[PDB]
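Quick look: telacebec on Cytochrome bc1 complex cytochrome b subunit.
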Amino acid sequence: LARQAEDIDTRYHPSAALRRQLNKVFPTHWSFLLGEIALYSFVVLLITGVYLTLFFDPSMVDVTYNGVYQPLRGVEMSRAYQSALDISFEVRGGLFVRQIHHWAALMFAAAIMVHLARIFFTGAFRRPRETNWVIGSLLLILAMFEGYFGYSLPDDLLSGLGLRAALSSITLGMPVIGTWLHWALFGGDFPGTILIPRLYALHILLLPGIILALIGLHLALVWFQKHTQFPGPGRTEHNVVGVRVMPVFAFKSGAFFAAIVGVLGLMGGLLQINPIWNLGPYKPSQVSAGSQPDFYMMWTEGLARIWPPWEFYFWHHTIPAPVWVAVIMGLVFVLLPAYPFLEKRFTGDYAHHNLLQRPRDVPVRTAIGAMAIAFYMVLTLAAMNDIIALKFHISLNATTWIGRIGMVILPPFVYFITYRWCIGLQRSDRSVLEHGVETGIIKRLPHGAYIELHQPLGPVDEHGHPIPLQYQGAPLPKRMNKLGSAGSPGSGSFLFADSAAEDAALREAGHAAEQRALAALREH
Amino acid sequence: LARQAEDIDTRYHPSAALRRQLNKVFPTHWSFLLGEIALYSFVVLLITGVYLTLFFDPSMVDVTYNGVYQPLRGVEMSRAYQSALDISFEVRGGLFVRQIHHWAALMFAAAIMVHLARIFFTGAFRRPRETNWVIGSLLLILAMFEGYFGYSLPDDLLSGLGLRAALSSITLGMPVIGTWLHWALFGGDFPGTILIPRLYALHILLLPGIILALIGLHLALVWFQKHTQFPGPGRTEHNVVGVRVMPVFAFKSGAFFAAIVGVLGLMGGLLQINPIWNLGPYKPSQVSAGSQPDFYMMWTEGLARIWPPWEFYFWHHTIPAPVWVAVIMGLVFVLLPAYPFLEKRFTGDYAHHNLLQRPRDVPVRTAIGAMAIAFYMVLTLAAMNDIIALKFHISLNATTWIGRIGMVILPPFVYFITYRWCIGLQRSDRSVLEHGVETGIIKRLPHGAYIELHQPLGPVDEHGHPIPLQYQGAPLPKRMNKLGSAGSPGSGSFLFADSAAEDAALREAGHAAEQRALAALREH
Amino acid sequence: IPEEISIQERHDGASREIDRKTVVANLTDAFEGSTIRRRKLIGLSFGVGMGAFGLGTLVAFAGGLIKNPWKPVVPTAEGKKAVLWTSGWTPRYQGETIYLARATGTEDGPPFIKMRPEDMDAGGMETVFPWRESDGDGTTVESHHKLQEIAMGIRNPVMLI
Amino acid sequence: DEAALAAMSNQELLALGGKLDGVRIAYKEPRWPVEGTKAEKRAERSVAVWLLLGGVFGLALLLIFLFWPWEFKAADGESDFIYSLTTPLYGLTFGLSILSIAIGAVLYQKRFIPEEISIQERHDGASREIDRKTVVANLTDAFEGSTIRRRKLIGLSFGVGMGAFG
Ligand SMILES: CC(C)=CCC/C(C)=C\CC/C(C)=C/CC/C(C)=C/CC/C(C)=C/CC/C(C)=C\CC/C(C)=C\CC/C(C)=C\CC/C(C)=C\CC1=C(C)C(=O)c2ccccc2C1=O
Ligand code: HEM
Ligand code: HEM
Ligand SMILES: CCc1nc2ccc(Cl)cn2c1C(=O)NCc1ccc(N2CCC(c3ccc(OC(F)(F)F)cc3)CC2)cc1
Ligand SMILES: CCc1nc2ccc(Cl)cn2c1C(=O)NCc1ccc(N2CCC(c3ccc(OC(F)(F)F)cc3)CC2)cc1
């Protein structure tokens with residue numbers, strides 16, 4: 001479209017920033033898409049939530065149902081619960097959309113956690129990027145609380161119990177402020193008339209706006225501080241080796257977006273999540289057995305379950321037990337964003353870093369991370385006590401005490417094992433550097449001796465033994481077939497062979513192109 | 001803060017984009033702040049609306065008031081009206097905040113209209129900036145509809161009448177689609193149960209988001225296509241003469257922001273707007289006498305009032321009168337964004353332009369704009385028929401016919417007068433270019449002749465008459481005192497004089513600096 | 001799509017000294033030229049003024065939400081108490097009868113009915129609510145409101161063993 | 001330049017930055033060339049009293065918001081007239097405080113910050129041919145290299161598929 005392109009060029013003349021953005025190089029490691037997963041989940045959340053806002057009515061006034069769902073006719077409920085039932089049963093395709101919304105929220109949280117694990121273990125938070133780590137931590141906290149406020153909207157029995165217990169009766173117990181916070185937030189005592197509209201406003205407008213601003217800032221910082229990379233053949237602290245945006249990277253990103261949307265649609269159509277009609281409207285007099293929040297608050301619930309009943313009563317006052325949960329959760333939320341500064345104070349290393357570390361080269365940090373993950377898993381499993389004790393025949397008090405003791409003895413055990421495992425991996429790497437790659441072939445050496453036919457990775461000395469290499473922070477091959485050793489199948493389709501000339505030509509050109517890629521990337 | 005600044009510099013190294021943005025030059029004309037006014041009004045709207053969302057409940061269920069406002073106790077009303085009454089009477093400082101909100105909406109609309117008038121009359125929409133004109137037009141439409149949806153939220157008698165008439169019964173009358181649109185929007189017949197929540201979602205989330213995106217794009221386009229300027233001493237089509245951002249422009253912008261916030265606070269505290277309690281809750285059986293919308297929809301109302309009753313009845317069908325209002329409204333909204341292309345097709349001028357035009361140098365466009373403004377004023381005054389006929393003792397039918405005839409005879413009269421006025425101004429400029437500036441002094445010239453002692457603006461010939469100058473698109477002085485002719489008062493404070501040395505020194509240095517500024521800007 | 005490899009030339013670290021020196025000179029000259037450093041009174045008055053405006057504004061912004069949890073609003077037999085100490089089981093006029101009503105789950109006339117001690121065996125449990133016969137059954141709108149407020153009170157339910 | 005960029009004074013650095021950006025500041029002038037006079041002290045005192053007023057009435061806003069009778073009291077027996085003045089006082093204190101601050105700032109800019117004129121070097125129009133040719137070559141090569149032009153079936157099936165999904 002020559003005329004339109006030229007007229008855009010005389011009116012705006014970008015032609016240089018477009019060239020500067022079309023030539024940007026991005027590294028290609030499978031581990032660098034765990035943030036794209038979260039970004040795409042957030043986009044799907046935005047779209048489905050904008051759809052949902054056209055049918056939801058966030059009031060707490062009481063009505064009688066008089067709808068299509070018969071086992072609930074004549075029951076008195078709030079207006080939000082009725083609006084959610086109307087979305088579920090009286091809009092063509094509404095149940096599908098809210099199920100997609102909930103599944104996308106779950107995938108958002110899970111992808112954020114996996115991305116954080118990557119960032120922590122590879123060491124991508126060092127000198128140039130502590131602030132980007134901090135922004136990520138804030139994003140994590142906001143996502144947690146946004147999901148909570150979200151699933152507490154269509155007030156039914158389970159959401160009501162969660163709200164009541166956690167919000168009302170942990171805010172009510174804080175030492176001095178306490179009830180003042182409770183009355184500022186609820187407008188009075190727990191079941192009010194302004195809670196659900198306030199949560200609705202917080203959930204559709206404020207927290208999404210803050211999250212959008214922080215995500216923009218995060219991606220800008222990642223764009224202008226170029227990406228990190230793993231050590232390898234042609235990689236230095238001064239260059240980025242990968243593919244340009246122009247043909248390839250946008251294509252791969254868009255295809256990944258479409259595949260994630262496909263997975264979310266499939267599992268939002270085939271699996272059922274939050275069937276609010278099986279529950280009832282919230283009433284302060286009735287309860288059920290499950291309880292349980294979504295899996296990103298289960299650690300908070302489990303911590304409240306397995307913490308012993310230690311209270312303090314002094315003059316004319318009372319400090320209850322959930323205060324402990326409050327300070328422990330605050331301590332966790334404060335220890336997360338302040339980790340890079342702690343590590344740089346303790347190790348005393350303040351240099352710029354653009355090459356990542358393999359998790360096996362840093363045993364102490366890997367052990368710390370494994371200990372934290374074990375602690376989190378214990379806290380999460382201590383939240384499904386009832387389900388575990390019912391399905392697997394175990395006592396309930398037994399599960400409580402198992403959690404209460406594991407909380408102390410599992411983290412150090414995991415630390416010890418992880419440290420020893422990291423050093424074992426290092427030794428296994430050094431052995432294949434010193435000798436060659438084991439091929440698995442045995443010989444008998446006419447004077448009855450068995451050898452195993454190693455294969456060298458570099459030069460050899462006078463008597464056939466390879467000269468040992470030096471470690472360079474890059475992974476080493478361990479299987480002979482990963483190196484081209486046994487390959488080149490036929491060149492048919494699946495049941496009929498091709499000609500021999502075609503097979504030879506294709507094999508030979510493929511070999512040539514492989515060798516040229518190798519020789520080109522070495523030499524730079 | 002040397003340590004912090006340097007560590008920011010080794011982590012981000014901007015140091016060049018910051019220098020590129022601290023040296024940007026902005027022209028300084030009083031007419032270039034009419035967009036800042038609208039921007040600041042929008043910011044205040046955002047803040048006050050975020051405050052308001054914490055107390056509003058958008059339901060249409062019926063309740064009995066039982067509040068503090070006594071003349072309404074026992075009356076049955078919706079939940080939105082009760083929430084608005086509770087904001088007004090039971091939150092410390094809520095009435096003040098909603099009055100600020102409404103006044104800021106009004107100032108937003110007025111500032112947008114004045115800014116559009118400037119952009120149109122100075123010719124700042126030519127070749128490089130048609131798309132920026134288009135974005136501005138879209139912003140105007142969105143602001144209109146957002147304000148409408150906003151003041152229709154606390155459903156009282158006036159807002160209900162406005163909704164009913166305009167929305168329901170103009171959407172109901174469209175030729176073929178019609179009732180289908182009505183039922184898709186209201187969920188059924190007019191008074192539904194999903195209207196107010198849907199308007200709430202549209203008003204706090206969607207339209208503000210679209211407006212924010214469009215404002216960002218608008219300001220980006222203005223930032224990267226540098227500002228226009230008026231012709232003058234050292235101004236060319238290739239440079240920008242003004243002040244740098246660094247010390248001055250940010251300071252002036254912030255001071256203007258604070259002054260606008262001050263004006264809005266004052267007039268939101270001292271003047272009363274929309275007293276919903278004097279009205280009642282909306283009921284389809286009762287009505288009042290003044291049923292006008294805010295001043296940016298008054299033209300729509302007036303057009304509906306003064307359009308004659310022309311309907312068409314053919315086989316089994318009916319085309320009512322408000323269809324006419326619909327097509328005229330759409331025609332206006334389509335003719336606004338497509339004006340630059342019309343003018344470039346009609347005049348045949350396709351060149352780049354960075355210097356503005358004085359409205360007196362383009363008589364035809366100025367006459368067109370004056371005609372459009374006269375049409376708008378007629379339509380707006382035809383909307384307050386009742387108030388005009390009541391306060392000023394005129395018949396009501398008389399006002400209807402006055403509007404109906406003015407709608408045809410006022411625009412052309414205004415066109416004619418504006419054309420002649422522009423050419424008169426041009427001639428007045430040419431006269432002071434040919435001769436000098438009239439001083440107003442009379443002499444008697446001993447043979448009884450009266451002359452008037454002109455004052456030349458340039459060189460003079462042999463016999464004292466000035467040689468005529470050439471017009472350069474810049475304004476010319478007309479009063480002798482605007483040129484330094486009679487100045488230099490005393491240098492006291494107000495009642496006590498200073499020393500003579502101080503007075504002489506200050507006067508003399510001031511004169512020197514003025515002369516140096518002049519001589520410097522000429523020579524470049 | 002063809003296979004490719006590229007290299008990007010990071011150019012990280014501190015800026016070139018040219019840009020650092022020029023931008024710091026620009027900032028320092030913009031600051032020293034205003035002469036604000038040797039104007040103490042203007043600066044300090046400006047500070048106090050902005051601080052007072054900001055404080056007053058923030059207090060007015062966050063002042064409509066704050067409520068006192070201990071103001072007496074609930075009428076009882078010894079005056080008026082705070083909400084957090086009344087229960088609905090609290091007597092109102094010094095000797096009123098409050099029955100232990102039970103829920104029936106139906107809305108013809110009774111959502112709450114009185115109880116007798118013989119309506120329970122030695123291994124039973126039942127939830128009960130305060131009745132206050134002046135509330136009546138759920139026929140009119142007034143009694144319906146009273147009953148729907150009895151049913152939703154976070155300190156009302158009681159187990160009868 | 002050089003390493004000897006140091007030992008250079010402030011004004012040469014500022015003009016160097018300006019010329020690097022294309023800005024050429026002409027006619028920079030202080031406001032008070034003579035030393036301490038009474039006019040300078042008077043202007044400083046006038047600029048200061050406005051900010052003092054702004055702060056004083058911000059404090060007044062705080063006090064009024066805290067200690068003023070605000071509840072609805074309207075009737076015809078006890079004519080309140082104190083409740084009818086509760087919102088006007090909020091507005092009168094808030095707006096006037098921030099207006100005084102703004103006026104003080106404008107006066108400070110008008111009477112103490114030096115007067116200047118600058119010129120910016122627009123550089124408008126089409127791009128240099130270098131960038132146009134290079135970017136169009138990049139786009140054309142990225143398109144022709146994928147060979148999609150001579151693959152009709154893939155393109156048309158892709159189009160129909162995306163259209164149906166959308
Ligand atoms: C037009 C009008 C005036 C006519 C009048 C009509 C009428 C009368 C008036 C209005 C009436 C009403 C009914 C109108 C209805 C309007 C209604 C409310 C429409 C709502 C609009 C719409 C449906 C909302 C939903 C859609 C929307 C929410 C989705 C947009 C997606 C969002 C905004 C983007 C967020 C993400 C963004 C910040 C990042 C973008 C991606 C970035 C730039 C690239 C990603 C990326 C980056 C940046 C890396 O650095 C990177 C580094 C290493 C590896 C990978 C990456 C990587 O993938
Ligand atoms: C950004 C992160 C978000 C998260 C983690 C999240 C999470 C949730 C969850 C888990 C629910 C419960 C849905 C159900 O159980 O049926 C929900 C409800 C809802 N969400 Fe979101 N959401 C997000 C963003 C949004 C956005 C951006 C919007 C609107 C623009 C939105 C609109 C809604 C609405 C209206 C509901 C209530 C409707 C219903 O419950 O059926 N959400 N949210
Ligand atoms: C952007 C342009 C906007 C305009 C022109 C506008 C206009 C209006 C107007 C005139 C009212 C009537 C207020 C009254 O009479 O008391 C109103 C009400 C309201 N506005 Fe806005 N508004 C805008 C943005 C917003 C935003 C961004 C929000 C929230 C984030 C918001 C929230 C509200 C609420 C909740 C109400 C109803 C509360 C009440 O009526 O007291 N508005 N709007
Ligand atoms: C015990 C938890 C639990 N049991 C069950 C049982 C059944 C079901 Cl279905 C769900 N649950 C949950 C549950 O939902 N857990 C998620 C959760 C936990 C805590 C918080 N928090 C609110 C704010 C508080 C707060 C706020 C402000 C403060 O002021 C300060 F100091 F300034 F910050 C201090 C504390 C802290 C805890 C939210 C969600
Ligand atoms: C007559 C107006 C009026 N009389 C009174 C009397 C008393 C009071 Cl208090 C207020 N008023 C008002 C009033 O408030 N006027 C503002 C107004 C006018 C028209 C519209 N309509 C919205 C959408 C419709 C529409 C929808 C879809 C369309 O799509 C299609 F069909 F394809 F074209 C086209 C048009 C048209 C405009 C909104 C607000």
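In what follows, every chain begins at residue 1, and chains take the letters A, B, ... in the order their sequences are listed. Both ligands and their constituent atoms are indexed starting at 1 by order of listing. Part of the entry, not all of it, is on display, and contacts are counted within that displayed part.
Copies included, the model assigns telacebec to ligands 4 and 5. Counting only non-hydrogen atoms, chains lying under 4.0 Å from telacebec (ligand 5): B. The heavy-atom binding site of telacebec (ligand 5) at 4.0 Å consists of B:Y148, B:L158, B:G162, B:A166, B:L167, B:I170, B:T171, B:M174, B:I177, B:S291, B:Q292, B:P293, B:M297, B:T300, B:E301, B:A304, B:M329. Put simply, atom 30 (C) of telacebec (ligand 5) has no protein non-hydrogen atoms near it, under 4.0 Å away. Within the 4.0 angstrom cut-off, atom 15 (N) of telacebec (ligand 5) has one or more protein heavy-atom neighbours. Closer than 4.0 Å to atom 5 (C) of telacebec (ligand 5) lies at least one heavy atom of the protein. When the transmembrane segments of chain B are numbered from the N terminus following UniProt, a heavy atom under 4.0 Å from telacebec (ligand 5) turns up in 3, 4, 7.
Looking at atom 22 (C) of telacebec (ligand 5), its nearest protein heavy atom turns out to be B:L167 CD1, 3.9 Å. Counting protein heavy atoms under 4.0 angstrom from atom 1 (C) of telacebec (ligand 5) gives one or more. Less than 4.0 angstrom separates some heavy atom of B:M329 from each of these atoms of telacebec (ligand 5): 19 (C), 37 (C). The ligand atoms of telacebec (ligand 5) that sit less than 4.0 angstrom from a heavy atom of B:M174 are 31 (F).
Inclusion of B:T300 in the set of residues having an N or O under 3.5 Å from an N or O of telacebec (ligand 5) is warranted. Per-residue contacts place B:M297 under 4.0 angstrom from the following atoms of telacebec (ligand 5) (heavy atoms of the residue considered): 16 (C), 17 (C), 39 (C). B:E301 OE1, 3.0 Å is the protein heavy atom nearest to atom 11 (N) of telacebec (ligand 5). Of all atoms in telacebec (ligand 5), numbered sequentially from 1 with element shown, those under 4.0 Å from a heavy atom of B:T171 are 26 (C). B:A166 CB, 4.2 Å is the protein heavy atom nearest to atom 20 (C) of telacebec (ligand 5).
Of all atoms in telacebec (ligand 5), listed by their number and element, those nearer than 4.0 Å to a heavy atom of B:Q292 are 9 (Cl). Counting only heavy atoms of the protein, atom 36 (C) of telacebec (ligand 5) lies nearest to B:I170 CG2, 4.1 Å. Within telacebec (ligand 5), counting atoms from 1 as listed, the ones closer than 4.0 Å to a heavy atom of B:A304 are 1 (C).
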